[PDB]
Colleague: 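Take a look at the following structure, please.
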Amino acid sequence: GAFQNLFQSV
Amino acid sequence: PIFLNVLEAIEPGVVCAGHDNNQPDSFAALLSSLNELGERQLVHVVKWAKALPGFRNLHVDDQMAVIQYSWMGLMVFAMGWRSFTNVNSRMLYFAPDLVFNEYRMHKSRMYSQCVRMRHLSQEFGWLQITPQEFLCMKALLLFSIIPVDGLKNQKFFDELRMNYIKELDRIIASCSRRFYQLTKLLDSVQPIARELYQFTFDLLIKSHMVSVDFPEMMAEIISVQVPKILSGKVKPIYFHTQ
Ligand SMILES: C[C@]12CC[C@H]3[C@@H](CCC4=CC(=O)CC[C@@]43C)[C@@H]1CC[C@@H]2O
């Protein structure tokens, strides 16, 4: 989930 | 020129690796720093990609996928450009604090791959590639690798890719020779990225035996996404037949 977390955090 | 305005406006600035240049070069130190640099650059690549014209037309799943497949090519291409503009391709300018001379190319155990990246850097000079050509080409790299079985909404991707190709053609607009040359250069990035993906995958698997540190996102992406590429489930889109 680390990439997704970055992507959604902008 | 709206499209070029945007590409210039969103282009990431300088990213440092955090490498300790006071310590002697070692395989583990150089690779750990490259890995950290990848982690740092990933943040910039995401912010950049999400701000590209039309990027939000894609299904969100596909937005995340194309970044996770294309990052190596994007980063290598940008690094080749930095190397060209900063040191006339005499060295690989990974970052201001991580510049590879031949000794580091050897010590990284990636000499063959570094050779190919330096060759790519030289092409920017040999072809007299303009900053505006570079920007358009780099944007197109984001849309140059997809699953063989297709994306969540392939139609939206196809349309977006088509438009980035058109934008590259208009910045070119001898024109046929130029477009052939630039598409050949673009194609050349992909086999280099593949070799680097193989190298980094193998390194991750044995990382605990060679004291190489992989940050969180790099380890995830290299174990979850990169194997799709290496196993042939995700493949580059080539302009020309290889
Ligand atoms: C993946 C990798 C770390 C990240 C590197 C990559 C080489 C290409 C590269 C160029 C950059 O400018 C950012 C870091 C990256 C993206 C390295 C090859 C082996 C190492 O594990």
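Chain naming is simple here: A for the first sequence line, B for the second, and so on down. Note that chain A is numbered according to the PDB entry, with residues 21-30 shown in order. Numbers in chain B track the PDB entry; the residues on display, in order, are 671-843, 851-919. According to its header, this structure was worked out by X-ray crystallography, 1.8 Å. Atoms within a ligand are numbered from 1 in the order they appear, just like the ligands themselves. We use all heavy atoms of the structure for the numbers below, so side chains are in, but hydrogens, waters and symmetry mates are not.
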Colleague: List the drug name recorded for ligand 1.
Modeller: testosterone
Colleague: Would you let me know which chain has the most contact with testosterone (ligand 1), using the name from the PDB entry?
Modeller: Androgen receptor
Colleague: Which chain letters belong to other chains having any non-hydrogen atom below 4.0 Å from testosterone (ligand 1)?
Modeller: B
Colleague: Which residues form the binding site of testosterone (ligand 1) (heavy atoms under 4.0 Å)?
Modeller: B:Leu701, B:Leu704, B:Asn705, B:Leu707, B:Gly708, B:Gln711, B:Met742, B:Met745, B:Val746, B:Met749, B:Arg752, B:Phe764, B:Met780, B:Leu873, B:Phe876, B:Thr877, B:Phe891, B:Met895
Colleague: In which UniProt domain of chain B do most residues touching testosterone (ligand 1) lie?
Modeller: NR LBD
Colleague: If you scan the protein for heavy atoms around atom 3 (C) of testosterone (ligand 1), do you find one that is closer than 4.0 Å?
Modeller: yes
Colleague: Going by the atom numbers of testosterone (ligand 1), which of them fall below 4.0 Å from some non-hydrogen atom of B:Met780?
Modeller: 18 (C), 19 (C)
Colleague: Note the single closest protein heavy atom to atom 5 (C) of testosterone (ligand 1), along with its residue, its atom name and the distance in Å.
Modeller: B:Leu704 O, 4.1 Å
Colleague: Near B:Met745, which atoms of testosterone (ligand 1) are under 4.0 Å from a heavy atom of that residue?
Modeller: 12 (O), 16 (C)
Colleague: At less than 4.0 angstrom from any non-hydrogen atom of B:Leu701, what atoms of testosterone (ligand 1) do you find?
Modeller: 19 (C), 20 (C)
Colleague: Using distance alone, determine whether B:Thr877 and testosterone (ligand 1) share an N or O pair under 3.5 Å.
Modeller: yes
Colleague: Could you check which UniProt 17beta-hydroxy-5alpha-androstan-3-one-binding residues of chain B come within less than 4.0 Å of testosterone (ligand 1), heavy atoms only?
Modeller: B:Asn705, B:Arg752, B:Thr877
Colleague: Can you list the atoms of testosterone (ligand 1) that are under 4.0 Å from a heavy atom of B:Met749?
Modeller: 12 (O)
Colleague: Looking at B:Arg752, which atoms of testosterone (ligand 1) are within less than 4.0 Å of one of its heavy atoms?
Modeller: 12 (O)
Colleague: Measuring to protein heavy atoms, does anything land under 4.0 Å from atom 17 (C) of testosterone (ligand 1)?
Modeller: no
